[PDB]
> 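Sharing a structure: osilodrostat in complex with Cytochrome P450 11B2, mitochondrial.
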Amino acid sequence: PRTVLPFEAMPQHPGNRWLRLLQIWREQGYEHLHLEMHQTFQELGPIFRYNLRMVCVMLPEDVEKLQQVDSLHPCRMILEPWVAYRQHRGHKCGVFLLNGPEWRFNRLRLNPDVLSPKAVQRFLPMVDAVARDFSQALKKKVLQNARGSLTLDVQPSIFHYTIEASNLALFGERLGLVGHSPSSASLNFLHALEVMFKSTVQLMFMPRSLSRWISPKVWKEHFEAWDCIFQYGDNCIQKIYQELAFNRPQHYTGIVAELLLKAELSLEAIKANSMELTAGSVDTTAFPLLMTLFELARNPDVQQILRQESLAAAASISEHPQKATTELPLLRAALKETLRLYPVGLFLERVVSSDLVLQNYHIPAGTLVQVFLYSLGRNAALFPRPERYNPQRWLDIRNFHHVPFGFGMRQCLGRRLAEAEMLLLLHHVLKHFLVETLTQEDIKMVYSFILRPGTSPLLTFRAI
Ligand code: HEM
Ligand SMILES: N#Cc1ccc([C@H]2CCc3cncn32)c(F)c1
């Protein structure tokens, strides 16, 4: 009356666990993971076993079932390389690394000031200032050239834009990074994140009983990077903590400001989540920005459509920047499209707390279930012509097809801060510049814990 199949009758990935661990040892990474999975899905179907009890799915069909099984305490897998550092230095873990009742406790005291629509209305104007400074700075340099255009690799400037906006919205501090040269503090922070991501892949696929002695140099490499990260994050904390102890302001001065004033969370559990918000707000946000710019340069037909929208609502957004979330549907659709093809978050994890059925297969509890978004977003059955950058496919309205930020109570905490940074930067670049490129070959994607472009194209910014 439904049909359920044995778990042991699942299509099995041909690989051998141990050899892939030795391949990662040798290659110092797993850059082509998204491709090896996409291929396997094409050979075995929309579900298969992979003892790297792990099950890999790809259909919105399955995400919905996975949220139905989400308990009151959804459970992702512990990320030991990250947790190890937290306890080596006697730190508390944030929402990204917690599970069970402690996670629910932190999460419910963070949602109001980090994710709610009322909080977005307060920090969104602050993001807008940074986005306007980004284009104002870019326009000054552009109109200095004879052809009123600047051609460059924008990945540095964009990454320093996301550090600016994130620090302003989190701590209410303004660091001279947009319109000015990078500081050694930021360049060291970005390099630590790069190494923290690299070394994570080298250690996350083998238990600590092996990586301890086969790759101890990497563990050192890994903890050093975190130290540099906790250094940058904690200097942001120590500044705002001392600044608030002497005056409790009456206006909005950032997110972490409210979290400290409320004091619903212990000091160590604010520092913990304040680390995860400072650290996970740079790469994950900046790379979809770059790909959005890239895809618009490849499709000027789509670009001008977005520029028209953004030029019309330009006035009502300068009056109240909050309107950007509702006056720029096409640009919000473009962002949905970028993440469909270039999902910085490759997969969603759930250790199911209860039996379930996927693709008419029995899934026991305690099983790890990974949703592989790279193939989910490329399944022609659900996305007609998935090879095409078509923002208008999201405007019609199809509910679990857009899950780059996860689902359930666990869904991304910074979801709306990221959307505002991406949206507001693209809105002010579209109404002042044209983004053009000769580079029209697809950009190869790399897996270093996140899915990111292995190359950054040359982009021209021509002014209007
Ligand atoms: C395009 C940008 C981003 C994408 C695609 C993304 C993706 C994701 C995904 C897939 C998850 C897992 C959720 C789940 O498994 O249910 C997640 C969780 C999380 N993200 Fe984001 N993220 C982005 C930006 C950010 C930003 C900017 C921040 C902080 C400022 C952030 C902080 C977090 C945290 C703390 C969690 C853990 C939430 C929890 O476990 O309850 N992310 N994100
Ligand atoms: N501490 C810390 C921390 C937490 C999260 C991220 C990124 C990686 C994947 C993801 C999804 N949302 C944000 N992130 C990070 F880089 C550092």
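Using the numbering of the PDB entry, the residues shown for chain A are 32-83, 87-431, 436-502, in order. First listed ligand is number 1; within each ligand, the first listed atom is number 1.
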> Which instances in the model belong to osilodrostat?
ligand 2
> Extract the binding site of osilodrostat: heavy atoms, cut-off 4.0 Å.
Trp116, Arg120, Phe130, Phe231, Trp260, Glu310, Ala313, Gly314, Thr318, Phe487
> Which heme-binding residues annotated in UniProt for chain A have heavy atoms under 4.0 Å from osilodrostat?
none
> Could you check which UniProt 21-hydroxyprogesterone-binding residues of chain A come within less than 4.0 Å of osilodrostat, heavy atoms only?
none
> Please list other ligands or ions under 4.0 Å from osilodrostat.
ligand 1 (protoporphyrin IX containing FE)
